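Letters A, B, ... mirror the listed sequences (proteins, then strands); counts begin at 1. We read in the header that X-ray crystallography, 3.4 Å was used to get this structure. Values below: all heavy atoms of this structure, side chains included; hydrogens, waters and symmetry mates excluded.
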Amino acid sequence: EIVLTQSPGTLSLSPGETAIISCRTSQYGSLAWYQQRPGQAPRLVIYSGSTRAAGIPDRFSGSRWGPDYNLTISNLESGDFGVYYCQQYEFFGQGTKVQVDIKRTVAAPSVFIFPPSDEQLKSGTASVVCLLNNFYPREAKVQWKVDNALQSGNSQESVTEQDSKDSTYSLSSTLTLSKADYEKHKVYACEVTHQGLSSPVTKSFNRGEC
Amino acid sequence: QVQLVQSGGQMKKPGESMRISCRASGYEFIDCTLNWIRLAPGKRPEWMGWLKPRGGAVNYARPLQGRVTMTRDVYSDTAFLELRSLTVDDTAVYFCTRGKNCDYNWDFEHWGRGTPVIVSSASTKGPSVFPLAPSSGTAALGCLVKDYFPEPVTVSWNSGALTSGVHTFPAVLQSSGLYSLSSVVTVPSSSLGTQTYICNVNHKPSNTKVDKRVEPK
Amino acid sequence: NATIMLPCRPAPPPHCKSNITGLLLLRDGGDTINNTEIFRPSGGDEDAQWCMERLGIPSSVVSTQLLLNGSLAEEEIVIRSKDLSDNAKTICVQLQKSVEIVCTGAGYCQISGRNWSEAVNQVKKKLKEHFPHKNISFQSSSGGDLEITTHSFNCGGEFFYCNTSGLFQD
Ligand SMILES: *[C@@H]1O[C@H](CO)[C@@H](O[C@@H]2O[C@H](CO)[C@@H](O[C@@H]3O[C@H](CO)[C@@H](O)[C@H](O)[C@@H]3O)[C@H](O)[C@H]2NC(C)=O)[C@H](O)[C@H]1NC(C)=O
Ligand SMILES: *[C@@H]1O[C@H](CO)[C@@H](O)[C@H](O)[C@H]1NC(C)=O
Ligand SMILES: *[C@@H]1O[C@H](CO)[C@@H](O)[C@H](O)[C@H]1NC(C)=O
Ligand SMILES: *[C@@H]1O[C@H](CO)[C@@H](O)[C@H](O)[C@H]1NC(C)=O
Ligand SMILES: [Cl-]
Ligand SMILES: [Cl-]
Ligand SMILES: [Cl-]
Ligand SMILES: [Cl-]
Ligand SMILES: [Cl-]
Ligand SMILES: [Cl-]
Ligand SMILES: [Cl-]
Ligand SMILES: [Cl-]
Ligand code: NA
């Protein structure tokens, strides 16, 4: 039984700057760090505590002091961003997510709302789609309103990655209702709350308008 | 060299049993312990057990005792994993891994390609493509690839000509066990009047290819 | 706590009696269900002969699970292993008092449950020292070939197998 405590879980960094991940092991043993690029098989980075693995840039350096282990990455290349797990014997740690975040000027979203197509309604369901498009930074809040009734649970956000061209995020929340529920209420609104907007922008459409 | 080739991804349903393989090429098969590790979505790697091919001694993790069974075939240098009585909580990617040195097993330098196993009570369905009409600066429109299983689907616009301002969001797992996907694009409004736009969807797991014309309401 | 009958398969002849000196075990890996450390009989695996050499078992004695004709550890059970906290490295238990296994020639070999269970408890006590504050438990092998699953020894030049289910089930 090994109790591996890994921190800090989430890391948002721009390419270049240093990224320090760390674990804390109960028992004493040889510890390794693994890299999982998203969509690939994990990669052995460090083993035996700080011994760099085979074909790993000198930019990866592990340090150990007592029960605390670090993993220090410097000059974050494009391919380094992923998730890193520390291992001691057969046990791993919670892990940490190393996300790339290109810093830039705070833009704003282009909220667009799409009612459910008449074909979808004929099929029996209805799916309304709000679209916060090309904004920065990531953190944004979409609140679905229906007849001035706050909706939590029905929505389902989904965000794209850092747009390599302009370093901006896009988002599309999909609220789903049954045709019965859809045909019951009227004004369907999507409230956005990003810091780029001075105040929440409430793009909405009244059912049966154009 | 240290080459570990695994079988392809399988789709199972709650209750079924699965068997996946892993052929080891590039080293003395029996001289190294061979482990099975599974990565689940958002759960830390879980070690399932190891197997020493010289003698076939298995060591299964205490949680999985009863469900898991690890065999081997020295004639063909193939290690087999069998997991019985599956659950929705077994959706994961399974790996056979080998240590750097055969004197210490827990320095996994060599990993298999990975074999994903989806355990949902939801047979395959082809998507339904619905149009996200612009409805009237710049205007935007898109497609909604809804109620499809399993991942993935490919969305292209105008057969690949239009690619500026396109966003193919990640799919979402709906409460019904099927996935939903939105792919949108931003265009000049005047062009929207004269220019025409199509989204082409290909759901290879079910041989469902669709081309939806997105027209203003 | 009576005599145990072990169904050895190839009908071991009646003149095959040996004196058990030590054991070969393997600690189950992974999170410990219900705060219990499980140990199962091993064949030695990577460092099999290493253990036998440290217990003075001659080169003529090739056995699994149960180590035979070795030298007993004076004073107390000796626990050896290239590494204990590594569940891939096998464990090497040397007994302080032997347990004779006597084969009757009738398709069984016998081991006195009174003397055997006395050793088992001594071994569990010593294992409780290295793995403290966890119930120590024995169980039969969870997989492998019949040479690993059973206590496989050789007698008169013939290799035999002995289902040790009765010995490792606490
Ligand atoms: C792993 O990474 C962490 C993060 O850098 C390291 O912890 C750092 O420990 C050093 C110890 O020298 C701290 O620096 C010192 O802080 C005080 C300031 O009053 C002072 O005593 C020293 O002059 C020096 O400034 C540092 O605070 C601390 N990290 C942070 C962010 O504060 C650690 O050393 C690394 N390696 C390990 C733990 O093996
Ligand atoms: C050694 O083992 C053999 C059977 O393998 C047995 O006949 C013999 O008595 C044993 N020697 C001693 C000293 O117990
Ligand atoms: C070994 O066992 C045999 C019978 O099993 C017995 O006669 C002999 O005295 C024992 N010797 C030792 C050294 O244990
Ligand atoms: C050993 O014997 C018991 C009962 O005699 C049986 O349940 C078990 O399956 C046997 N094990 C092997 C490996 O034959
Ligand atoms: Cl994008
Ligand atoms: Cl977890
Ligand atoms: Cl998956
Ligand atoms: Cl369709
Ligand atoms: Cl979506
Ligand atoms: Cl003796
Ligand atoms: Cl078996
Ligand atoms: Cl048997
Ligand atoms: Na409703």
Notebook entry, point to check: Which drug is recorded at chains A and B?
Noted result: VRC01
Margin query: What's the chief chain around VRC01 in this model, going by the PDB entry?
Written below: 426cOD
Note to self: Would you mind checking the epitope of VRC01 on chain C, with heavy atoms under 4.5 Å?
What the structure shows: C/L26, C/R27, C/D28, C/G29, C/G30, C/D31, C/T32, C/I33, C/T36, C/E37, C/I38, C/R40, C/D45, C/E46, C/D83, C/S85, C/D86, C/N87, C/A88, C/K89, C/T90, C/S142, C/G143, C/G144, C/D145, C/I148
Notebook entry, point to check: What residues of antibody VRC01 touch chain C if a contact means heavy atoms under 4.5 Å apart?
Noted result: A/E1, A/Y89, A/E90, A/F91, B/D31, B/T33, B/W47, B/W50, B/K52, B/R54, B/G55, B/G56, B/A57, B/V58, B/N59, B/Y60, B/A61, B/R62, B/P63, B/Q65, B/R72, B/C102, B/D103, B/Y104, B/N105, B/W106
Check: Going by the PDB entry, what is the biological origin of chain C?
Finding: Human immunodeficiency virus 1
